[PDB]
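Contents of the following structure include oseltamivir carboxylate.
Numbers restart at 1 for each chain; the letters A, B, ... are given by sequence-line order, proteins then strands. Counting starts at 1 for both ligands and their atoms, following the listed order. Every heavy atom of this structure was used, including side-chain atoms; hydrogens, water molecules and symmetry mates were not.
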Number of protein chains: 4
Amino acid sequence: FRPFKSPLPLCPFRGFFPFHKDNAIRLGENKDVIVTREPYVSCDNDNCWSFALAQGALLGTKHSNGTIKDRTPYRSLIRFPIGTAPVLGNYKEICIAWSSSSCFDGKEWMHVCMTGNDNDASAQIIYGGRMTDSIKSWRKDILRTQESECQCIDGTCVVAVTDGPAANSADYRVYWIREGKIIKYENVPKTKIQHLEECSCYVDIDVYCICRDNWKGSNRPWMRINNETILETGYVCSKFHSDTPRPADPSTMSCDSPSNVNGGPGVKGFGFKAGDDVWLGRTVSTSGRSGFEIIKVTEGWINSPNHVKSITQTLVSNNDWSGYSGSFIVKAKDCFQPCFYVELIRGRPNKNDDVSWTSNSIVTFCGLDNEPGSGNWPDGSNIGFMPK
Amino acid sequence: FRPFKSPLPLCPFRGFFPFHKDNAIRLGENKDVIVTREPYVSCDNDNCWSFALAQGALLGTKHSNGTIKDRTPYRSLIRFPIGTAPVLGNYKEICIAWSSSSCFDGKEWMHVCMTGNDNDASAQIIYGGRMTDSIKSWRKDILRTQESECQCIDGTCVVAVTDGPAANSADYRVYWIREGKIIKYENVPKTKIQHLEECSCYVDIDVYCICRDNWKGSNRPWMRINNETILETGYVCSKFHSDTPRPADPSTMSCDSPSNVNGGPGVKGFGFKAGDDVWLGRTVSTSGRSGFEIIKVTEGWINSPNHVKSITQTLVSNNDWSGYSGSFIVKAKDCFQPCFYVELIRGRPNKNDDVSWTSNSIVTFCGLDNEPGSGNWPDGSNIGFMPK
Amino acid sequence: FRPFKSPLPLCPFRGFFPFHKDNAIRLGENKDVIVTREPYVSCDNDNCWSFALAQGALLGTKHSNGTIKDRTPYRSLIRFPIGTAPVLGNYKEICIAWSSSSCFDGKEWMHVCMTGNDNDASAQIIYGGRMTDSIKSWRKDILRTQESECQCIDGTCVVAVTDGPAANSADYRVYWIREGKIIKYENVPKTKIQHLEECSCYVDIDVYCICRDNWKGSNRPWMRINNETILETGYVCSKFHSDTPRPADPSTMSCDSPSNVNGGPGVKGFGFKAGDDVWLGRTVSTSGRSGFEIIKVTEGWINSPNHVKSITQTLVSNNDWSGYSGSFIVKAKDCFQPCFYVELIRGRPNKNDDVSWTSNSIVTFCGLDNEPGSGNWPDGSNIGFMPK
Amino acid sequence: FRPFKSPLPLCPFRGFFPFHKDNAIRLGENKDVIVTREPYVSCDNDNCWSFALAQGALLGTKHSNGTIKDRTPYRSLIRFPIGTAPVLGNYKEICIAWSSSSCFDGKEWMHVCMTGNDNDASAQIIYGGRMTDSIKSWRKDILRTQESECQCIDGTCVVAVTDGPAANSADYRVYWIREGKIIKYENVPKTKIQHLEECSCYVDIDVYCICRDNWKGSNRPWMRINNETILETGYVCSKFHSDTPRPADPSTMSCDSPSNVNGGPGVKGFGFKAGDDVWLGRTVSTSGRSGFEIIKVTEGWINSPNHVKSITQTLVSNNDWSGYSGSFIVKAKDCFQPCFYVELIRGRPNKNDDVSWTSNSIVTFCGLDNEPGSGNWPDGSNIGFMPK
Ligand SMILES: *[C@@H]1O[C@H](CO[C@@H]2O[C@@H](C)[C@@H](O)[C@@H](O)[C@@H]2O)[C@@H](O[C@@H]2O[C@H](CO)[C@@H](O)[C@H](O)[C@H]2NC(C)=O)[C@H](O)[C@H]1NC(C)=O
Ligand SMILES: *[C@@H]1O[C@H](CO[C@@H]2O[C@@H](C)[C@@H](O)[C@@H](O)[C@@H]2O)[C@@H](O[C@@H]2O[C@H](CO)[C@@H](O)[C@H](O)[C@H]2NC(C)=O)[C@H](O)[C@H]1NC(C)=O
Ligand SMILES: *[C@@H]1O[C@H](CO[C@@H]2O[C@@H](C)[C@@H](O)[C@@H](O)[C@@H]2O)[C@@H](O[C@@H]2O[C@H](CO)[C@@H](O)[C@H](O)[C@H]2NC(C)=O)[C@H](O)[C@H]1NC(C)=O
Ligand SMILES: *[C@@H]1O[C@H](CO[C@@H]2O[C@@H](C)[C@@H](O)[C@@H](O)[C@@H]2O)[C@@H](O[C@@H]2O[C@H](CO)[C@@H](O)[C@H](O)[C@H]2NC(C)=O)[C@H](O)[C@H]1NC(C)=O
Ligand SMILES: *[C@@H]1O[C@H](CO[C@@H]2O[C@@H](C)[C@@H](O)[C@@H](O)[C@@H]2O)[C@@H](O)[C@H](O)[C@H]1NC(C)=O
Ligand SMILES: *[C@@H]1O[C@H](CO[C@@H]2O[C@@H](C)[C@@H](O)[C@@H](O)[C@@H]2O)[C@@H](O)[C@H](O)[C@H]1NC(C)=O
Ligand SMILES: *[C@@H]1O[C@H](CO[C@@H]2O[C@@H](C)[C@@H](O)[C@@H](O)[C@@H]2O)[C@@H](O)[C@H](O)[C@H]1NC(C)=O
Ligand SMILES: *[C@@H]1O[C@H](CO[C@@H]2O[C@@H](C)[C@@H](O)[C@@H](O)[C@@H]2O)[C@@H](O)[C@H](O)[C@H]1NC(C)=O
Ligand SMILES: CCC(CC)O[C@@H]1C=C(C(=O)O)C[C@H](N)[C@H]1NC(C)=O
Ligand SMILES: CCC(CC)O[C@@H]1C=C(C(=O)O)C[C@H](N)[C@H]1NC(C)=O
Ligand SMILES: CCC(CC)O[C@@H]1C=C(C(=O)O)C[C@H](N)[C@H]1NC(C)=O
Ligand SMILES: CCC(CC)O[C@@H]1C=C(C(=O)O)C[C@H](N)[C@H]1NC(C)=O
Ligand SMILES: [Ca+2]
Ligand SMILES: [Ca+2]
Ligand SMILES: [Ca+2]
Ligand SMILES: [Ca+2]
Ligand SMILES: [Ca+2]
């Protein structure tokens with residue numbers, strides 16, 4: 001017997017430390033590794049797992065040619081041991097999906113899997129291995145979701161979903177699901193948030209989601225949610241923005257609306273509120289998906305004239321390719337430990353990655369209340385060594 | 001401790017949704033995947049599994065040349081994680097078999113495995129990993145069985161078996177087996193059914209089997225069975241037939257006998273009775289094994305002048321190869337959820353599939369009481385990319 | 001909690017039926033499969049397992065060249081799912097060994113593993129994964145053991161061991177081991193048995209071992225053992241001999257001594273006493289390791305003028321290569337089901353197998369109290385297809 | 001429920017016997033095996049596991065070229081079934097690390113993982129899969145640890161750590177960690193020990209560590225530790241030294257300080273105190289990492305004029321490459337069984353190993369209170385067969 005996960009506070013922390021790293025591309029040189037993208041991490045009571053959207057092809061084979069394409073019927077949400085490369089011998093196929101979210105509620109796994117035509121997609125709700133519910137596209141425009149772990153409190157899981165234009169006004173909803181059955185949804189208030197994609201969420205008593213505005217905001221939109229309703233929304237106040245592309249530091253302090261500067265497109269990212277402060281992951285480049293750093297902004301969560309980057313951890317050099325990133329939590333007695341993964345994208349359309357495929361490796365970090373050292377943990381592949 | 005599966009009613013549903021998909025051929029381009037055919041799905045308390053008849057060779061190797069052949073000593077019923085490709089690293093060999101059925105009774109797995117000479121085959125009964133009984137060919141003419149999951153109620157499993165000509169009058173029996181020991185069998189009444197092959201079965205209080213008449217019927221023969229006897233038989237009334245080959249819609253309403261039109265040969269298929277209505281899977285083509293759709297026929301289960309195709313879900317385009325299909329169930333609290341798999345056959349004898357081997361990938365769908373969207377989930381392989 | 005296996009009687013049976021088959025050579029065409037020989041089967045409470053002596057090389061690689069050699073430091077007893085091919089992704093290395101025996105006592109696995117110099121080998125006793133005892137070579141001449149499963153009764157396991165010349169008078173012992181600790185041994189009485197190798201054992205109240213006389217006997221030596229001592233010995237009375245090489249049927253009825261005809265060398269084989277009758281496995285050829293059949297000899301266990309082959313099941317054609325064979329049991333409520341495996345040797349020194357390596361596949365059969373059909377289940381490899 | 005491991009005495013023993021052997025290089029000829037080094041073994045309640053520092057590349061691929069390099073971001077502590085080769089299908093990635101230690105405390109696994117820049121590395125403490133603590137480099141000079149299993153008593157684990165010059169005075173600490181949280185550390189007294197690296201530890205009531213002095217000592221430094229403090233230190237008295245390089249036998253009896261002869265560099269090794277005697281592993285060569293033997297020195301643990309090598313077991317010939325070695329224990333009722341692994345290094349910089357990569361296979365031995373035989377268990381690879 002296992003109780004449902006509880007609304008625990010976020011553990012104290014002051015730095016992030018290297019956790020698991022898969023070196024999936026390096027290890028895929030001999031065509032053993034499954035082509036993937038949009039990876040993430042989520043944990044149950046016994047293990048943390050790597051998840052990702054597979055492309056139904058092995059890296060370096062002819063079927064991997066052209067996998068830059070986002071949505072096909074041959075993509076499945078797959079799961080593999082955290083820090084290992086995904087191979088036919090160790091993976092599990094979760095569901096058919098070109099967009100997904102996963103979260104464990106203390107007892108069973110829930111998955112949200114979008115697939116089908118762009119104008120008529122549906123989301124399948126999987127609970128304990130069984131398809132228990134669905135969501136039918138209501139704007140008929142690429143129904144899609146987080147690409148990282150959802151969150152569950154006292155048996156009720158919460159997940160953010162979008163249907164509509166990627167570079168214009170769209171529809172954003174939160175769904176509450178309990179044991180695989182949709183209980184309700186809410187349209188996200190547009191009083192502050194103007195665009196919302198690929199939410200990275202975690203628990204700190206309530207569920208906090210820090211997302212991607214793909215339209216007008218170089219700052220990141222955010223939500224605070226409990227097991228019943230949306231409690232609060234806004235954009236991260238930090239005048240040091242964390243989307244890509246974005247303005248140079250310092251930019252505008254925009255707590256209540258998109259910045260309206262370098263607004264589109266964007267990249268999936270994450271953050272952690274810490275008191276009135278905020279930690280923000282981001283690419284080192286302001287324009288491209290290269291490098292990765294995480295900054296702590298003093299008073300960056302609130303409307304203040306005192307914003308300052310008190311810390312900057314450089315985890316992937318700007319000489320190396322990054323990509324998506326997202327939050328996940330690990331239970332730690334009476335608090336949740338904040339962690340994150342970084343997607344290291346190799347292949348198209350990256351400059352000088354002369355291969356026909358598109359894939360990624362994974363690197364992860366966790367927060368501790370200790371002082372960290374420093375280093376660099378990039379993909380590490382010599383693309384010249386790879387089957388094209 | 002686990003109780004035996006109960007005679008639960010079929011859950012309500014109004015559409016079918018994409019579940020698991022393995023992309024096994026695409027993934028087999030580098031010779032990692034086991035050659036298979038006659039795949040299916042069956043679930044225990046913890047997982048759903050893919051099953052299939054392997055050919056004792058890896059796809060794309062010289063030993064895969066000529067695997068169009070149906071029965072050899074080198075075929076085994078194998079089991080692999082649902083939605084993954086079958087590789088040496090993840091498969092389990094269940095038994096030697098060129099024809100099989102599998103079903104979980106709540107406590108243990110049962111398997112029925114036919115192998116040996118065509119004129120002197122035997123069926124091995126496996127229960128909890130142990131060979132517990134057997135059936136000796138009594139017509140000495142390719143003793144064979146469902147090629148999809150059997151059903152068990154209150155500890156007694158039911159399975160349909162055929163011995164005799166494939167295109168003429170044969171013998172059809174149902175066997176009741178409890179904990180691996182044959183309790184009894186019955187010869188299927190020929191008052192209505194004239195030919196019976198490859199039954200696709202499920203539970204809706206009683207066991208319903210919808211099968212393949214390979215002789216005179218373009219309509220599908222059916223049985224209703226409990227844990228003791230055959231209760232009812234007939235052919236699906238629907239004037240919209242569901243075998244391949246078959247007449248164009250609409251055809252004859254034949255509740256009580258084979259249609260006698262486009263009667264031979266046929267393809268393994270399935271259906272679900274829903275009140276007086278019936279859902280029927282079928283290839284899109286009336287002549288070939290291409291495409292896949294499932295139709296709901298209003299009042300299609302009964303003798304009525306009101307038959308109408310109220311729904312048509314097109315799940316595989318007619319531009320893509322299909323193959324066998326079959327039912328399986330997943331327990332859902334106090335009802336059984338109806339699902340199905342579709343075999344996507346690639347290689348010989350398919351036109352323009354220029355390879356020497358014969359194999360398949362798998363795609364699955366489950367029923368929900370929600371409105372579905374639409375899409376297309378074919379095999380997806382560029383046969384030109386494959387080792388021949 | 002699990003009780004120790006009990007001294008159950010052998011189940012009734014009247015024929016043998018196809019069980020698991022791995023097709024390991026066929027499946028090894030692309031160099032995925034581990035080179036092996038001396039395979040066998042043994043079962044615990046949850047699964048039956050394939051065991052074998054690996055050669056520390058993959059089939060078809062340069063390191064597989066010359067694996068005809070019997071004893072090297074690079075051989076390990078490995079274990080893999082029954083009926084699957086042994087690959088790096090699914091095998092477990094049990095111990096370093098060029099000779100082995102394995103048996104489950106109801107609670108834990110025991111293994112006996114011989115390795116080291118021919119003139120100073122030692123046997124390691126493994127119990128529950130821990131090395132718990134050892135046997136030091138006392139004749140300093142290739143200390144060796146069964147190459148098939150041992151047997152355990154009420155917590156005490158029994159295993160036959162040989163140290164000495166392979167074609168002359170040697171030393172033969174039985175060791176009793178309880179929870180991995182050697183309790184005692186006995187020198188096998190030479191009042192009847194003159195040479196003993198590679199015992200195939202099973203339980204029928206007491207432990208019965210039917211072995212290989214590599215010196216003067218074309219008939220097979222046998223022992224009957226309980227958890228304390230050797231109770232009885234002799235040679236199988238059947239005037240229809242079951243070693244290879246051997247005389248044509250019928251030969252001498254030699255219950256009490258080796259036949260002294262076609263006495264050397266020999267092959268590992270098995271048998272099952274059934275009342276006063278005996279079932280005997282053997283190659284179809286009287287001279288070579290080709291084909292495989294099992295015969296039932298009426299009154300073949302006793303001194304009688306009425307010996308007759310009442311049954312002959314031909315399971316591998318004489319056109320196909322066989323090899324070793326051995327008994328194993330599967331618990332069946334209140335009796336033990338008799339089963340056996342057959343080693344299908346491919347490569348050197350087999351005539352027309354033009355490869356540099358030596359390996360094998362596996363096929364198995366179990367006994368039931370039903371009438372069997374017929375068929376042929378050989379290795380199935382086209383050696384011309386294989387990497388040399 | 002499982003209690004924490006207890007402070008059990010070391011079991012009696014008088015020899016060492018072949019246990020598991022992986023033949024990883026031989027088996028890696030077809031590019032399936034992960035490049036590794038610094039391997040070791042550690043056991044939980046159910047299994048013994050192989051651990052190693054992977055290089056994030058497959059053996060024989062272009063990414064394996066130049067893996068002689070000690071520290072990169074692409075190295076992870078990985079775990080695989082004991083005696084199997086590490087492949088993508090069977091490995092688990094434990095943590096990012098170019099230096100590590102692992103030990104099971106009776107309930108959960110603990111890992112210590114060093115990674116990052118040489119001048120700013122950190123050690124991550126993993127407990128039950130969760131990162132629970134860290135150590136920040138305090139000398140900023142390659143923070144590093146044992147490369148073999150740590151030890152845990154009554155819930156408190158002990159691990160030796162070094163930060164500083166490799167060939168000069170450095171800092172050496174022991175950390176006590178309970179359930180993943182650092183309780184305390186102590187600076188190792190330099191009253192006797194002058195240099196300490198790569199400690200090989202085991203339990204004999206208290207924790208004994210026998211280590212590597214890389215500076216002035218051809219004799220090995222040692223510590224005795226309980227769950228609270230360092231109790232004792234020194235160098236192994238044995239005038240028969242056990243580091244590499246070292247003087248010819250006999251050398252100086254140096255119980256209290258480094259020998260000051262052939263002092264640098266060194267190799268990771270191990271030993272077992274047995275009463276006043278000591279068993280010592282070592283390479284057969286006094287200068288190179290070739291061959292492996294273990295000697296028992298009478299009164300070699302104490303200050304005595306009676307030192308004599310009473311036993312010498314030659315386990316790897318001097319014609320074969322060895323490498324690191326280390327102790328591990330296996331619980332045996334009411335005592336701990338002493339065992340050890342030997343790293344068999346192949347590739348650079350070994351003379352005549354003409355490949356660009358650097359990797360290793362593994363062989364292991366355990367102690368029993370019986371007389372052993374003899375043999376030779378080297379890597380066994382023909383380097384000429386390998387992909388370069
Ligand atoms: C990756 O694929 C492209 C495109 O492949 C072509 O179209 C595909 C859909 C498929 O049908 C293939 O068979 C086709 O070749 C390759 O680009 C082609 O390369 C050929 C040969 O050099 C050239 O003649 C064509 O003009 C190219 N076609 C296009 C549309 O650009 C490319 O070579 C592949 N890359 C790798 C590394 O294999
Ligand atoms: C698939 O196999 C066929 C047939 O293989 C032949 O017969 C088999 C039983 C086996 O013994 C093989 O060694 C034989 O080659 C192949 O067709 C043959 O191809 C050869 C060479 O082109 C030709 O000379 C023969 O006439 C063909 N034989 C027949 C009976 O058609 C075919 O090439 C194989 N396909 C692939 C993709 O390898
Ligand atoms: C299988 O191996 C034999 C022998 O290999 C030789 O000796 C081995 C120990 C090893 O050191 C190899 O490098 C040696 O080649 C091979 O037989 C040799 O073949 C070569 C080349 O044709 C020939 O010149 C030698 O005379 C042969 N040596 C002997 C002793 O017969 C054989 O080719 C290998 N078989 C395969 C399929 O690779
Ligand atoms: C192992 O690698 C070396 C070095 O590789 C070179 O530098 C690497 C960092 C990488 O960038 C490679 O692309 C480079 O080739 C190889 O040595 C080189 O070999 C080439 C071709 O013979 C020669 O022209 C260069 O001078 C060499 N470079 C150096 C620095 O020595 C070597 O061939 C590789 N070994 C194997 C077995 O592949
Ligand atoms: C929602 O969860 C509640 C949990 O208890 C408390 O109330 C909620 C609103 C949060 O503030 C949480 O942190 C508190 O601990 C339950 O009381 C309530 O029954 C749940 N409601 C539903 C719809 O399940
Ligand atoms: C068969 O199973 C019965 C189950 O109970 C009920 O009766 C059967 C005939 C069905 O109608 C089922 O739906 C009902 O729930 C048992 O009563 C009976 O003992 C069983 N008989 C055998 C041969 O096992
Ligand atoms: C040996 O096992 C005995 C088992 O009980 C019976 O006696 C033996 C000799 C056999 O005939 C068996 O079939 C019987 O069931 C135990 O009585 C005895 O204690 C055991 N002795 C040892 C040495 O463990
Ligand atoms: C340390 O462990 C102790 C174990 O009991 C005994 O005392 C120690 C010092 C050793 O001598 C051991 O062999 C003995 O069995 C506990 O008493 C003590 O509470 C523990 N202290 C800490 C810090 O956990
Ligand atoms: C369609 C909108 C959406 C969010 C901006 O596009 C995405 C951005 C992507 C990106 O910027 O890398 C790739 C994604 N896999 C994707 N999601 C889907 C379903 O295609
Ligand atoms: C022998 C009759 C039988 C049913 C019509 O033939 C089948 C039809 C087949 C088909 O139409 O694809 C292939 C099958 N694997 C098969 N079953 C066996 C045992 O060979
Ligand atoms: C050394 C005597 C022994 C029994 C006759 O030889 C064997 C017969 C063999 C055989 O006839 O195939 C091969 C064996 N693997 C073997 N056992 C060992 C340890 O080498
Ligand atoms: C930096 C000091 C240290 C101990 C002498 O060097 C080592 C010796 C090595 C050796 O002699 O083989 C290789 C090691 N993997 C290593 N440890 C690290 C972290 O690089
Ligand atoms: Ca943006
Ligand atoms: Ca038909
Ligand atoms: Ca003989
Ligand atoms: Ca491969
Ligand atoms: Ca030294």
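For oseltamivir carboxylate, the full set of ligands or chains is ligands 9, 10, 11 and 12. The largest share of close contacts with oseltamivir carboxylate (ligand 12) comes from the chain named in the PDB entry as Neuraminidase. Other chains with any heavy atom closer than 4.0 Å to oseltamivir carboxylate (ligand 12): D.
The organism that the PDB names for chain D is Influenza A virus.
Among protein heavy atoms, the minimum distance from atom 20 (O) of oseltamivir carboxylate (ligand 12) is reached at D:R71 NH1, 3.0 Å. Looking at D:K69 against oseltamivir carboxylate (ligand 12), nothing comes within 4.0 Å, counting heavy atoms. Nearest protein heavy-atom neighbour of atom 11 (O) of oseltamivir carboxylate (ligand 12): D:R289 NH2, 2.6 Å. Compare D:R144, D:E343, D:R37, D:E198 by their heavy atoms: the one nearest to atom 16 (C) of oseltamivir carboxylate (ligand 12) is in D:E198.
Residue contact annotation: D:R212 has a non-hydrogen atom under 4.0 Å from oseltamivir carboxylate (ligand 12). Remark: minimum distance from atom 10 (C) of oseltamivir carboxylate (ligand 12) to any protein heavy atom is reached at D:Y324 OH, 3.0 Å. Shown here, atom 6 (O) of oseltamivir carboxylate (ligand 12) is out of close reach of the protein: none of its heavy atoms lies under 4.0 Å off. The shell of residues lying under 4.0 angstrom from oseltamivir carboxylate (ligand 12), judged by heavy atoms, excludes D:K268. For atom 14 (C) of oseltamivir carboxylate (ligand 12), the closest non-hydrogen atom of the protein is D:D70 OD1, 3.3 Å.
For atom 15 (N) of oseltamivir carboxylate (ligand 12), the closest non-hydrogen atom on the protein side is D:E38 OE2, 2.6 Å.
For atom 4 (C) of oseltamivir carboxylate (ligand 12), the closest non-hydrogen atom of the protein is D:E197 OE1, 3.4 Å. Neighbouring residues of oseltamivir carboxylate (ligand 12) under 4.0 Å (non-hydrogen atoms) are D:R37, D:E38, D:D70, D:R71, D:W98, D:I142, D:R144, D:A166, D:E197, D:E198, D:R212, D:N214, D:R289, D:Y324.
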